[PDB]
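Following: one structure in structure tokens, then a few remarks.
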Amino acid sequence: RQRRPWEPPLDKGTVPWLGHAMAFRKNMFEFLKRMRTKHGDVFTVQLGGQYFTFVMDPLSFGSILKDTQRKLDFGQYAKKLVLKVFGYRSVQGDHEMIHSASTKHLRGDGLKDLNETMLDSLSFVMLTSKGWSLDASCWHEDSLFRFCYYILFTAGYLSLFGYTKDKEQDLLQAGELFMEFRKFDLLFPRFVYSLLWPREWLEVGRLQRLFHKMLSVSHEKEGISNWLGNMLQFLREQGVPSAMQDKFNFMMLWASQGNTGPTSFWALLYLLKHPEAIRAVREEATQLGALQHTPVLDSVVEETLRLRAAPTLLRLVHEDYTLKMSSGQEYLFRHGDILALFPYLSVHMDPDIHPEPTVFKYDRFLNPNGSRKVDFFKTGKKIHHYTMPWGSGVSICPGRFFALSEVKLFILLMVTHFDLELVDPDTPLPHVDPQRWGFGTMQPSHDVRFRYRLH
Ligand code: HEM
Ligand SMILES: Clc1ccc([C@@H](Cn2ccnc2)OCc2ccsc2Cl)c(Cl)c1
Ligand SMILES: [K+]
């Protein structure tokens with residue numbers, strides 16, 4: 001590839017025939033930081049087979065996301081990724097099925113019917129696996145990350161993929177599945193990057209075949225979410241075999257449980273590390289369908305996602321795309337190239353939009369009167385895209401409302417019915433594990449111990 005004057009700069013790396021794959025996969029966040037300062041806001045690099053063009057100017061996010069014409073497509077790239085990782089082969093129309101099923105059953109009425117079960121399942125799991133002793137004041141030490149993740153995963157799994165007659169048995173396997181899910185989740189970025197030791201490729205194979213069987217469409221379950229059954233109806237109706245339906249189910253299990261848990265971890269952890277904040281939500285909590293009446297919690301969860309939701313927004317260009325920068329410069333993107341945004345660096349951590357951006361400020365999105373603050377600026381200019389945990393366009397997360405009910409209910413239940421303390425409130429928060437930069441909600445570099453007991 002030879003660059004044309006009208007294209008953005010093309011950086012081939014100091015050592016050519018190697019590129020930036022090594023520095024990119026190691027710490028994507030730091031790699032893009034260096035590139036922004038070196039080439040400015042728009043630059044192109046080769047990763048894997050593809051050529052990627054990054055746009056770091058938040059002001060230009062406007063036209064790109066409102067793809068007025070038909071030029072950018074998220075699904076053409078995503079289907080390649082899920083094929084490698086889950087072996088699911090996209091069929092004509094499944095992209096629209098998912099969104100229809102989601103708008104219909106993960107929003108409005110579908111969502112409240114579902115939220116009622118999620119609450120039921122989250123209460124049952126907390127109580128049953130709580131841990132007990134003959135002494136009623138006994139503290140119980142656990143690991144906060146594994147704790148939150150196991151809770152959201154079990155309740156999420158049972159609310160979506162169905163429960164059975166024996167509700168204790170459900171929990172037991174749900175926990176057994178969790179352990180194996182966590183093993184798959186941990187290898188996932190390196191799987192996407194093919195940076196696995198030969199033994200690890202086998203583990204990913206075993207985990208695949210394992211979930212395929214547990215979630216198999218032949219396997220007695222009652223009351224599965226309308227979201228899932230609606231989607232399998234489409235698949236069976238288009239002649240999708242059952243084996244491929246099993247691969248579909250595993251992909252949706254990972255999609256629906258992959259971030260909700262880790263996001264709960266950071267929120268509760270930020271709340272424990274800021275007495276100011278945990279009291280505001282506890283008090284809001286004390287005083288059914290009240291999830292829409294928690295402005296304080298709402299802002300605690302936006303701020304958490306601002307600090308720990310670091311996805312990449314990828315679009316394949318299938319017709320030559322022309323981007324005009326606020327500056328006054330035009331840039332041409334070739335069809336076949338991957339358009340990429342990293343709103344974490346461009347938006348979340350921009351000090352002009354969010355002063356002291358690396359600081360958890362539970363009230364960051366609250367107006368002095370407690371109303372919702374939706375007015376943010378970069379040097380006088382209004383930024384409609386001030387937080388971007390879900391993305392935008394026709395590919396914005398169709399489960400973001402469920403995820404939010406999921407996380408909000410967990411927090412409320414925890415801060416209400418439990419005494420919480422960090423084993424070591426003096427040590428610094430774990431930093432993001434850099435190997436997952438760009439894949440959704442970040443995960444801690446190391447777990448933190450915490451103790452809990454009832455009131
Ligand atoms: C904190 C939790 C979550 C976060 C941070 C998150 C974030 C995201 C992001 C950034 C995207 C890509 C947006 C884009 O490319 O424009 C996405 C897409 C998607 N999300 Fe989520 N998500 C979460 C939870 C969930 C849940 C619970 C589900 C299902 C129940 C789900 C299902 C999906 C699906 C199927 C897509 C595919 C995009 C498409 O429809 O083309 N996500 N999510
Ligand atoms: Cl089926 C599916 C739907 C969305 C995704 C999101 C992550 N996610 C998962 C669940 N909710 C959000 O992918 C973002 C992303 C990061 C690097 S490449 C790439 Cl795509 C995936 Cl991985 C599979
Ligand atoms: K898809």
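Residues take their numbers from the sequence shown, with the count starting at 1. Recorded method is X-ray crystallography, 2.6 Å. First listed ligand is number 1; within each ligand, the first listed atom is number 1.
- The compound at ligand 2, a drug or drug candidate, is named (S)-tioconazole.
- Of the chains in this structure, the chief binding partner of (S)-tioconazole (ligand 2) is, as the PDB entry puts it, 7-alpha-hydroxycholest-4-en-3-one 12-alpha-hydroxylase.
- Applying the 4.0 Å criterion to heavy atoms of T312 picks out, from (S)-tioconazole (ligand 2), the atoms 16 (C), 17 (C).
- Of all protein heavy atoms, the one closest to atom 4 (C) of (S)-tioconazole (ligand 2) is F74 CZ, 4.7 Å.
- Nearest protein heavy-atom contact of atom 18 (S) of (S)-tioconazole (ligand 2) is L81 CD1, 3.5 Å.
- Under a 4.0 Å heavy-atom criterion, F86 is not in contact with (S)-tioconazole (ligand 2).
- Regarding atom 15 (C) of (S)-tioconazole (ligand 2), its nearest protein heavy-atom neighbour is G438 O, 4.2 Å.
- Relative to atom 7 (C) of (S)-tioconazole (ligand 2), the option among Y77, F439, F188 with the closest non-hydrogen atom is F439.
- Contact atoms of (S)-tioconazole (ligand 2) toward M251: 1 (Cl) (distance under 4.0 Å to a heavy atom of the residue).
- For the pair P311 and (S)-tioconazole (ligand 2), no heavy-atom separation below 4.0 Å is found.
- Per UniProt's heme-binding annotation of chain A, a non-hydrogen atom lies under 4.0 Å from (S)-tioconazole (ligand 2) in no residue.
- Among all non-hydrogen protein atoms, the one lying nearest atom 22 (Cl) of (S)-tioconazole (ligand 2) is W254 CZ3, 3.3 Å.
- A255 CB, 4.7 Å is the protein heavy atom nearest to atom 3 (C) of (S)-tioconazole (ligand 2).
- Counting only heavy atoms of the protein, atom 12 (C) of (S)-tioconazole (ligand 2) lies nearest to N259 ND2, 3.9 Å.
- Measured on heavy atoms with a 4.0 Å cut-off, the binding site of (S)-tioconazole (ligand 2) is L81, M251, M252, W254, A255, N259, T312, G438, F439.
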